[PDB]
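A quick write-up on the structure given underneath.
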Amino acid sequence: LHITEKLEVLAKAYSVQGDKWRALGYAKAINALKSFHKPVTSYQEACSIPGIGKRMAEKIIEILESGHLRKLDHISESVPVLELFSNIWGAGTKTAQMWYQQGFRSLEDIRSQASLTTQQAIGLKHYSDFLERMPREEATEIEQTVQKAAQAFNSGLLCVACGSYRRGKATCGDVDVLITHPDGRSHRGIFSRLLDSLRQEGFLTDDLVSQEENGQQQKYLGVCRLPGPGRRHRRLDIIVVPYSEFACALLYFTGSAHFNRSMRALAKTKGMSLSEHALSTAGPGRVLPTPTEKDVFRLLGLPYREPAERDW
DNA sequence: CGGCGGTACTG
DNA sequence: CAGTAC
DNA sequence: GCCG
Ligand SMILES: Nc1ccn([C@@H]2O[C@H](COP(=O)(O)OP(=O)(O)OP(=O)(O)O)[C@@H](O)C2(F)F)c(=O)n1
Ligand SMILES: [Mg+2]
Ligand SMILES: [Mg+2]
Ligand code: NA
Ligand code: NA
Ligand code: NA
Ligand code: NA
């Protein structure tokens, strides 16, 4: 806390206005300022911290000394509105800035005047719902609904809830279901059947991303709702992967996002490349053998981590 | 200087 | 493609 | 913004 509470509003201001690299820098400086054993008190001290350069140091000496940070006085008043628009699924910083330039200030303005993509229209229709977390118990019910429908046309299908669910969180922003088949081939063409089964029973309410004319579809992003009173619309993400990519896909879909980024960053320093598909060597490199998550960790020179230890 | 993760849709 | 998303 |  302290200096960090002021750096954070700045970091978010930069993020929502699209300065993602500078926001990134603020993020990492804030982390470093979160785990330093002591209240920094000197320019020299701050600078000695990995993640904190001269500039960020300049701004720390200004905080606990004058109590203020003049930079916060220069945050565009547009920022709260950019964040409002930005929270619409399918609208990012470019779209929000454009709406704002065109004079849009409220979701009512958006509803009545903006031209919305199909995704943004669904995003708007479920604005509040997409901003809530569900109890992990609800994520379980949702994943089982998907699994039960999948196992209907092929009981061999492996279905696994990933993301914050697999990391053990008490609540989940949505449900991430990884689907594969141990025989290494029966995963092909399952999306059509699965999705239609799920539509058939009124489980799926909206589709956000779903290239079903592509026999090579990898992902489904959309919306579902369990039956009964007091149910909310929930975001559901499904990926279907070849068994050969199981460990990398599992690792990717388990996150956290910051964890994946860090791990891929490490692979690169070691002459590798890590994706949801595989871990390979840096033109056509070599695909490395990764039958299990542990294999990816080992090859990177790391101690294995339980999903819950990946909650970065 | 130049990377900051690597990849899949949509229009 | 630029934009957005996982 | 920060890093090598
Ligand atoms: N920029 C991103 C976003 C996601 N993911 C990977 O895609 C997975 C799912 O994305 P999610 O469902 O949106 O984020 P969650 O962790 O489950 O937190 P919540 O419950 O609020 O959703 C991530 O775990 C991932 F593992 F993090 C990623 O690799 N890079
Ligand atoms: Mg999730
Ligand atoms: Mg998700
Ligand atoms: Na430093
Ligand atoms: Na959005
Ligand atoms: Na479609
Ligand atoms: Na609802």
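To find a chain, count down the sequence lines: A is the first, B the second, and so on, and within it residues start at 1. Indexing begins at 1, ligand by ligand and atom by atom, following the structure's order. Below, all heavy atoms of this structure are taken into account, side chains as well, without hydrogens, waters or symmetry copies. Header says: X-ray crystallography, 2.0 Å.
- Looking at ligand 1, the drug there is gemcitabine triphosphate.
- Among all chains, the one with more heavy-atom contacts to gemcitabine triphosphate than any other is, according to the PDB entry, DNA polymerase lambda.
- Those other chains that come under 4.0 Å from gemcitabine triphosphate, heavy atoms only, are A, B, C.
- Restricting to residues UniProt lists as binding dCTP in chain A, the heavy-atom distances under 4.0 Å from gemcitabine triphosphate involve A:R133, A:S164, A:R167, A:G173, A:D174, A:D176, A:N260.
- By the 4.0 Å heavy-atom criterion, A:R167 is counted among the residues contacting gemcitabine triphosphate.
- When the heavy atoms of A:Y252, A:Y165, A:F253 are ranked by distance to atom 26 (F) of gemcitabine triphosphate, first place goes to A:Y252.
- Other ligands and ions closer than 4.0 Å to gemcitabine triphosphate, given by number and name, are ligand 2 (magnesium ion), ligand 3 (magnesium ion).
- Within the structure, gemcitabine triphosphate lacks A:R235 among the residues with a heavy atom less than 4.0 angstrom away.
- Considering both main-chain and side-chain atoms, A:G173 comes within under 3.5 Å of gemcitabine triphosphate through a nitrogen or oxygen pair.
- Considering both main-chain and side-chain atoms, A:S256 never comes within under 3.5 Å of gemcitabine triphosphate through any nitrogen or oxygen pair.
- Filtering the residues that UniProt lists as binding Mn(2+) in chain A by heavy-atom distance under 4.0 Å from gemcitabine triphosphate yields A:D174, A:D176.
- Close N/O approach between A:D237 and gemcitabine triphosphate is not found [any backbone or side-chain N/O within under 3.5 Å].
- Under a 4.0 Å non-hydrogen cut-off, the residues that form the binding site of gemcitabine triphosphate are A:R133, A:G163, A:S164, A:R167, A:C172, A:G173, A:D174, A:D176, A:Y252, A:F253, A:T254, A:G255, A:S256, A:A257, A:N260, B:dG5, C:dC6.
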